[PDB]
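Chain letters follow the order of the sequence lines: the first is A, the second B, and so on. Here the PDB entry sets the residue numbers for chain A, with the shown residues being 14-79, 83-309 in order. All chain B residue numbers match the PDB entry; in order, they span 17-309. Scope of the values below: all heavy atoms of this structure, side chains included, with no hydrogens, waters or symmetry mates. Counting starts at 1 for both ligands and their atoms, following the listed order.
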Amino acid sequence: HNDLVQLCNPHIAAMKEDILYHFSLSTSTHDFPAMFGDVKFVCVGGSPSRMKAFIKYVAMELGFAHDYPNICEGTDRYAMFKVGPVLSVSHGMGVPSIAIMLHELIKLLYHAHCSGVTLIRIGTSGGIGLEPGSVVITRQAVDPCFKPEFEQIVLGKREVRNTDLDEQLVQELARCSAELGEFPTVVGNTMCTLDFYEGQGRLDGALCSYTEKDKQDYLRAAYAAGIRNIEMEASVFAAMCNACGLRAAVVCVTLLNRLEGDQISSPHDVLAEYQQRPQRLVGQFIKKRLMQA
Amino acid sequence: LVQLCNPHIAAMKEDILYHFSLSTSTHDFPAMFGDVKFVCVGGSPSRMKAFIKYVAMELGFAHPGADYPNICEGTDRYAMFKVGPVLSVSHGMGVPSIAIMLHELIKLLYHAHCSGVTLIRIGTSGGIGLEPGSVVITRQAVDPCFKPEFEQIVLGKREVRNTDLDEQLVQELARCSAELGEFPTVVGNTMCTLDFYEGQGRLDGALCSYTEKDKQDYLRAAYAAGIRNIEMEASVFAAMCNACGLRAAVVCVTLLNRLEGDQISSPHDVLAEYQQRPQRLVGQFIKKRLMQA
Ligand SMILES: O=c1[nH]cc(F)c(=O)[nH]1
Ligand SMILES: O=c1[nH]cc(F)c(=O)[nH]1
Ligand SMILES: OC[C@@H]1OC=C[C@H]1O
Ligand SMILES: OC[C@@H]1OC=C[C@H]1O
């Protein structure tokens, strides 16, 4: 049995119209149930071209094969694609950007009367002590002091939410990655930051008041605390799915090993392949949930 | 002359600007950018293409085979365009997405060995106690507690930078807007938040456990403290410019009055025009800077 998508905002029931501004969609101009009522898997990732490539890739693998219109053709803020029960949505970079996406998304699913939905971010990250190209299935999104919490300011007051992910979904994702046997995949905690450069110990930014050994000491401590990769979205993603009772996972590839460098200098061919990795893993997970009861 | 507070950069054999998809070794920065004097940055890549071409035909470069190539065709992270001494760059939404852009932009300026440069953000925001369509030229970026501070965590420890903007620049842009005499323009403070929904006291996100009354109190306290608009980029932008000693301004139109509502429900025709307002202010400022010497 699949439960209905819920909000934690009593105000939406009471509006004549709900405008999903950054999607360019609205209750008064679109029929959400007709459009989305059969969505069961939502995949989200930074790049709109990667999310279109993902919807193409997913379409072949479930034999929906044969074009894919951008459902947000009225904005350039986010891109959205659909085939069968899979919805792909781009979210840009950083907590604030995904957070805007998530609120309108969840409202979208809620208006569509969707049920039994799974949300999975597929992204990129900096690995810590992993060969580049390793995919990490995140157990706990964790903050830059290693605590699994997400701080928000709400009317000027600090509010904190827990950022763990569904354990069983991680185990199930690992099991899929094992079935493919194409690339290494570990389960690990994931540190989420607000800055790619000073925020992640890089020596490579426009500002930096610290040294290689300072960076090393910080990355090794992260490693000991269980963290295996570093990125910029996992936290709010986990906090908001938890807040609304949605089953969610984060699956990210590792573009380089941060113990060895800051700069992403792999050839473009190799970076592209690395990217196809979480799409393959998640494509396997969708294929199995569908070949099932 | 532009400069970085990062001594590691001078030592690097190459500098790869990964999210621009630009590199010192595949791209000639001085040839591409040395003549740049004004850098305009905004969230949306269509807005910024629109801006570079409005500016082109307002400084007379409005030739017939008018195409302005996206110099970042290479990634889909940001768009970038150039005409003459003017560079127009998109930055996505949220403090982290613009911080990535700034780190790489600043570096780029510096590798191009640019001089006398001005950075302006042209953006959108919610106004407090202003008619919709009002342009705010920001005096101090301020956080959700109304303090002029930008907080960053670096190697696990927390640091703050002041977020004042250049006082002589904000007055100069006030004079420009007055020369156009087309839309209201006020100088005030801008609150910068990490979330568009709960972060700006909205009541229409997927999550909300406060009331309309709490929103009004919070927003009126912001207004009492000098804040005139609310948005998501001003503070890192100020902090980063201040750090690097760059002369920088923020100019945003307000898309609605938050004392009246949360949803952006103006007609497409009206919002498009609101969004050209900061583009016309900044085009004056350029036009007349270029008429000096
Ligand atoms: O947030 C990040 N994303 C991708 C990376 F490769 C990295 O180092 N950090
Ligand atoms: O950050 C914001 N940008 C644009 C808006 F209209 C708003 O309310 N907030
Ligand atoms: O490379 C930029 C970032 O990659 C990881 C999360 C994205 O925002
Ligand atoms: O509407 C979204 C936000 O607009 C204002 C700042 C952008 O990041």
Mind checking which of fluorouracil, salicylic acid, aminosalicylic acid, valpromide, acetohydroxamic acid ended up at ligand 2? fluorouracil
Looking at this structure, what macromolecule is in contact with fluorouracil (ligand 2) the most, according to the PDB entry? Uridine phosphorylase
Which other chains have one or more heavy atoms under 4.0 Å from any atom of fluorouracil (ligand 2)? B
Which residues lie close to fluorouracil (ligand 2), i.e. with a heavy atom under 4.0 Å? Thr140(B), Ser141(B), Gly142(B), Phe212(B), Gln216(B), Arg218(B), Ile246(B), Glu247(B), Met248(B), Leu271(B), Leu272(B), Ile280(B)
To the nearest 0.1 Å, how far is atom 4 (C) of fluorouracil (ligand 2) from its closest protein heavy atom, and which atom is that? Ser141(B) CA, 3.4 Å
Considering only the protein, which heavy-atom contact is closest to atom 7 (C) of fluorouracil (ligand 2), and what is its distance? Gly142(B) N, 3.2 Å
Which organism does the PDB annotate as the origin of chain B? Bos taurus
Can you confirm, on distance only, whether fluorouracil (ligand 2) has an N/O atom lying under 3.5 Å from any N/O atom belonging to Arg218(B)? yes
Within a distance under 4.0 Å of any heavy atom of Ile280(B), pick out the atoms of fluorouracil (ligand 2) and give their elements. 6 (F)
What atoms in fluorouracil (ligand 2) come closer than 4.0 Å to a heavy atom of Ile246(B)? 1 (O), 2 (C), 9 (N)
Could you identify the single nearest non-hydrogen protein atom to atom 9 (N) of fluorouracil (ligand 2) and state the distance to 0.1 Å? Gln216(B) OE1, 2.9 Å
Check this for me - fluorouracil (ligand 2), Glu247(B), N or O atoms closer than 3.5 angstrom, yes or no? no
Under 3.5 Å: N or O atoms of fluorouracil (ligand 2) paired with protein N or O:
{"from": "fluorouracil (ligand 2)", "atom 1": "1 (O)", "to": "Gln216(B)", "atom 2": "NE2", "distance (Å)": "3.2"}
{"from": "fluorouracil (ligand 2)", "atom 1": "8 (O)", "to": "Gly142(B)", "atom 2": "N", "distance (Å)": "3.3"}
{"from": "fluorouracil (ligand 2)", "atom 1": "8 (O)", "to": "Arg218(B)", "atom 2": "NH1", "distance (Å)": "3.3"}
{"from": "fluorouracil (ligand 2)", "atom 1": "8 (O)", "to": "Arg218(B)", "atom 2": "NH2", "distance (Å)": "2.6"}
{"from": "fluorouracil (ligand 2)", "atom 1": "9 (N)", "to": "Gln216(B)", "atom 2": "OE1", "distance (Å)": "2.9"}

